[PDB]
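Section: structure with actinomycin D.
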Amino acid sequence: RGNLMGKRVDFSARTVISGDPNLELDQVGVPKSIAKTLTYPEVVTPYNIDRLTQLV
Amino acid sequence: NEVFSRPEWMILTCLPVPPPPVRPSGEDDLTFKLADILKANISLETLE
Amino acid sequence: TXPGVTXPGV
Amino acid sequence: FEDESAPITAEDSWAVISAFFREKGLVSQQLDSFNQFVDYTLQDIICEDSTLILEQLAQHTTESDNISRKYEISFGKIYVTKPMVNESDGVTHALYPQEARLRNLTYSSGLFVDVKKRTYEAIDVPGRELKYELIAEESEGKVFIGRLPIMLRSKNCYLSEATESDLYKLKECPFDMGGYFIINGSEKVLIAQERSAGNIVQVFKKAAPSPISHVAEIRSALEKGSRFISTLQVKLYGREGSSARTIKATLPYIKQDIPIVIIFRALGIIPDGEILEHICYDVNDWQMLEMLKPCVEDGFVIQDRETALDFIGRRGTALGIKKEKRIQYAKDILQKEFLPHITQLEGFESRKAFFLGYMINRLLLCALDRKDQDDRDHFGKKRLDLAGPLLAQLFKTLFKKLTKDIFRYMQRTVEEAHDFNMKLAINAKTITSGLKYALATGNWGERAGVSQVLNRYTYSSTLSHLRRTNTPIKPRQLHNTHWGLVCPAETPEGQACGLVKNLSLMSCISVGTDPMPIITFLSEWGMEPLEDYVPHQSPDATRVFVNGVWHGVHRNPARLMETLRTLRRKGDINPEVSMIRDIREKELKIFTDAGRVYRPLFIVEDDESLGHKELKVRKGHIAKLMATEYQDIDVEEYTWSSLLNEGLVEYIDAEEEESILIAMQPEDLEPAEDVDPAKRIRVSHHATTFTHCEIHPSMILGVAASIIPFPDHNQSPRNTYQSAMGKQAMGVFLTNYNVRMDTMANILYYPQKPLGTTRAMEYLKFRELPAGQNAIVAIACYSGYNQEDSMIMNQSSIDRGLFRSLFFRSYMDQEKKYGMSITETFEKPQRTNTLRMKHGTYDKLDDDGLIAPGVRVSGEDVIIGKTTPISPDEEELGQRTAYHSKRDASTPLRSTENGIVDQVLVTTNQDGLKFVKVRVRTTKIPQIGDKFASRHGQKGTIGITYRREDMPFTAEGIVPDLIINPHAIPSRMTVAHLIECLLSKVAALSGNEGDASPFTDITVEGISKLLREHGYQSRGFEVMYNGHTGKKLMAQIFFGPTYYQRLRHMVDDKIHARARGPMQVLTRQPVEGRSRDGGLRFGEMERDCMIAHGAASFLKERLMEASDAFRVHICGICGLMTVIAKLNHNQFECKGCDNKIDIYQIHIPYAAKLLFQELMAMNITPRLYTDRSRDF
Amino acid sequence: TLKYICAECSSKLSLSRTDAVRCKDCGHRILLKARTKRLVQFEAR
Amino acid sequence: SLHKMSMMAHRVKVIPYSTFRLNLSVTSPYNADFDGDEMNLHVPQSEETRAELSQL
Amino acid sequence: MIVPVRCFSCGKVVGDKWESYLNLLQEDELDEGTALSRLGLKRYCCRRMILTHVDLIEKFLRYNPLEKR
Amino acid sequence: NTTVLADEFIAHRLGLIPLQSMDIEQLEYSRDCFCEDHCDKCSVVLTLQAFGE
DNA sequence: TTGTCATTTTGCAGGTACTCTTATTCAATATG
RNA sequence: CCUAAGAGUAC
Ligand SMILES: [Mg+2]
Ligand SMILES: [Zn+2]
Ligand SMILES: [Zn+2]
Ligand SMILES: [Zn+2]
Ligand SMILES: [Zn+2]
């Protein structure tokens, strides 16, 4: 129950929530520090070589 | 089961000792219990 | 009961 | 005023309350209990038992040495010194609390006892009785037996007699109240432990399945003896429809429930008529006789006392006594184990028989539906163990251990014939270590959480912690008897709701007194002794109980109660003693034991001059109290003890509160009988027979609830929320916070006393140490950014200092002697000769390894440089040489925190090794996500912050500091919030202070009239203009000052994210906690939600790639992971199966691999196979 | 060497590594390190 | 997170403050207020998980 | 702690009106409202700024200085 | 600073002190001045030195 | 050659996340 | 580092 059915995971954030009438229904506001910590791995492709190089 | 679980296998004659990954070290509680088991086994063997 | 509040019984 | 005997008004009672708090204080119970323990209980513990006698027999093989010796050691008076500290060099000097706090010492004082050693000698002549005589070697010589920790401001502390100037000199805050210990430099407070009272008979019904229907039990215990709990139970077998209704008693150390009549015959009452007389006091009560006949029918088999004693011995569980000595064994059981609280001596069989008859009488009354079963939640049946009794029982156990050790040492040194020395005998480490361990850790032994770290977040938080009671575990409900003794609405919301309670403002706990003077008074005044009491000749006799011990009967209870009341009202009887007269039950109970919770009340007498009931207190006493208070801020002093000693006020606990009638207020309820529609509806009770009057109803509240303005206009859960939430409010906890090295401290820049204030909050020093600010609040749906409890804070107001805070954090570091010459050293580690040096910069450290104050420090920077010696001459790791003889043990700053180093303190510990404390200061400025709340449970976080130009503004240019949503008001029904906003507006305009006391005659209509007289709309509405366009808002806005607290929950201390970080060593999963850069728990029911969504691949990615993915090899023959895989050589081999070409690799969580290996270690084979052997 | 202040005398002392941490004026065993000499910058906001 | 609607896929909007920001209408399925509630964020690490998270 | 320099809401400077306020309260025996009106604090924001201030700095000054020159 | 107030507390109080700004148009913003940190064309330097004698 | 009915023993586990602090690691007698 | 205990946040 403590390590197989449920376990601590990477790539997760937690913080206080606030309301925003100017956000869409399916949008979530993410602090810039959290966005700088959490990452996504994007495979280098001819279609996205330029922007990935710029991010690097 | 004839192949996987016979009744006489419910009696322990050989204890499988788990590797240190199971009981990483200040020793773990399992290490101390296994030391106690070994001490008791040696005492019984010497007495016999 | 339960447990808690075995069974009953067992 | 002019008339001396004129009746007082409701305003005058506050003078009485002022006098009370001038004499008692807020933490009076802690200090009183500790002073009682030190002054009297230690001597009693020392003197009781603690007389070690060792009789070394002659053992004479030859008659030449037929001499038997007897060594005895006795303990005389005990001397407790002022607190002092030893030192590494051996120099002992006086220790002050603001030295022990800094140096991590224990504020304790040594204990000495006058030990007298005597030796007796006798001639060992067989047959002749031995006669021992002194040899005139009487040696006596105090010895050091340990150290008792001393709570601050107690009678034995340096600060007890200190003046305000002296307290300032000693770096002690005058507002500090004391009542806590300093254990290893940490402030520890003993939570008052609740328990059921002893020596009280309680009768309880039983459920249908059980054979016993009713059980009468007493938790017998003696205070001046072994202090052991022996539970006697009297059980009535058989249900209502059953015929064999036999009553049986559960004696201690007996395996069976003996019938009651057997016990009566064993005690010495043979005839059935005498037994029934001892049980039933009414001849006409034939129902009880009919219900009790089965007992005598059962016991008819035994008709003799010796037979009954033999029966009990036969049932005795020892089973190691011959038949003729079973009688003696039973006698011992009935003397030293049956009802110990009555007596332990012999010759008092009649008293115990009478008490047993009384217990059976109560049981039969409850079974006959003549009285309800006793309520377990009645607060008069509960006792609060304070520091006194807790330390007393702990010290009793610890000193018993010490004296057993002394006896063992004496036996060892006399059997080995070695010399005897007192210093080698006593081991002060026993007492010292035991007390320090019990106070340092929560556990109370050798219960948990008895001692807790004193809460120093805010002054009110400290006060509430010092007056806290815990009940070990409906008990959670607020009982009726809780009125005026515990706060009606102050309790945690969690699992401890109702179990953890807080004392009312005026509630005190009795410290216990000796009941011998009261027993002598009773005997003198005409109490019949119980030995020669015959119920038939005295049918209507009132039974007199003292501390649960039936001492006899009185034939004129009215006069006895009147004279007892007079004696207690002139001080001849200690006022803590509670006396209850139950007329219907014809009982008189006197309680003097410790732990009883009481409160003061005005006394109402006949007052024949006015022809009607009136308070004993008049305008003259109020004038004298006012004069004394003014002189304190030359005439005769008039204190609270003066009111107590002249019969003006009385101490009443719940048991006595059962038998009195109380008037809520004097001005409306004492005198005999066009009303303001704005005033609340009250009734006069239509009854004039009052015995007491409430000093003030607002005193039923606790410390935390006394801060709430207009608590009677709020829904009660809101009051509970504010009570729990004001302890988290931010303010000034102490005035000397600049000289304290606390682990965490939060201080407001500009604390403000509330505009709406209560009368009870100037005894709590809230106006001197406020924990909030008066913010201009507007209740408006302005921008939609304050929805769902969010708030809009004015950014310009923040820029000018609103709710700005200081935050201090202290890091402590010691050097420890790992060996004789393996001492650690504070220094600046060098990368050339140090191991495990952290990635943080060491540059800010100077030569001694401590950052000088004033240097800005950021996260992960090293602030304390420490190294420890290790074994040299080791080569590994690639860059480890013999030069690396030092391992780095430095202390870095918190990863998520930064600031300016404020102060560093270097000193020596108890052992004499240098240790340091580093206090770092930063400033917390309110931002989006910080939590703020009014004093009415209206919590909320900052949604957004607008500058001044964007906020709505009134015609006068006033803009709100805060904007809160209207939708928070109607559902929560926090009317007190609106009333307090209106009152604060009026108070700010008029310059006065708003009296927001709960039960005053202050109405909304009057406040509105004052506000209208100031030129504003009477209901607080104001015409406001939109900030963006300047156009008028179509709706007028509720606008005004309101008191807000900044809570401890800031967003910067809660934000956390983790892409990849440290993993647990065992399960290879992310560690727990944001302080360790841990990972969030993807629990079971999150997995269930993802299953419901149908996203299988996301679940697999969460459970394998995000947490722990392990590749392990198995074989197709046996599913076990016992495959040796040399990957570099490309060789796979499962020994046993002897295969090398039938190996597979699988990806499973490392936790799964660990589970399978643990199952294998537990003789289970979880064989994993990669193909199906059976069809679906 | 490095400078410290007695917590009670408020006097200034210079301590080396081998010096026992005491105040020579009174004997107090609590010392506070002296304020740093490098300038400190604060934003008045 | 008593039901599946208490765990939903949102689109990131990077914002310059330390709180998660969400629409007011989505607070009902989450049973979330802004009186100090904290919330959790998980980032998919592959195209398959990303796609099924956005489409389911 | 010590009197705030400016009123939080409107920004009127009130840090120079503390000693005058105390002098008016003590020497002239004026009540709080009249003293506040005399100093020019007409809006209740400034009035609550000055009226509710607690001068804790006096307590801090009672303790002996840690670094005495 | 041997006083009872924190350094940033006093810094904040000093930042709230109103200063004469009649000729503020003749001063330049520090962000668009060629100096390194502060010069005479874009700033005014004051000194507070007090002793409790 | 079959029902009978009437006392004495039988196992226990308690929601989901999250934050912080504090203490403690067997003492002491005994032999190398 | 582990363990235990206590306090607390949102339900
Ligand atoms: Mg909420
Ligand atoms: Zn195999
Ligand atoms: Zn000194
Ligand atoms: Zn203002
Ligand atoms: Zn410049």
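Every chain is numbered from 1, with letters handed out A, B, ... down the list of sequences. Atom set for the values below is all heavy atoms of this structure, side chains included, hydrogens, waters and symmetry mates excluded. The structure has been trimmed to a portion of the entry, and contacts are counted only among what remains. Modified residue -> parent or X. Extra atoms: not counted.
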Exercise. Enumerate the ligands or chains belonging to actinomycin D, duplicates included.
Key: chain C
Quiz item: What name does the PDB entry give to the macromolecule most in contact with actinomycin D?
Solution: TS(template strand)
Practice problem: Enumerate the other chains with heavy atoms less than 4.5 Å from actinomycin D. | Solution: I
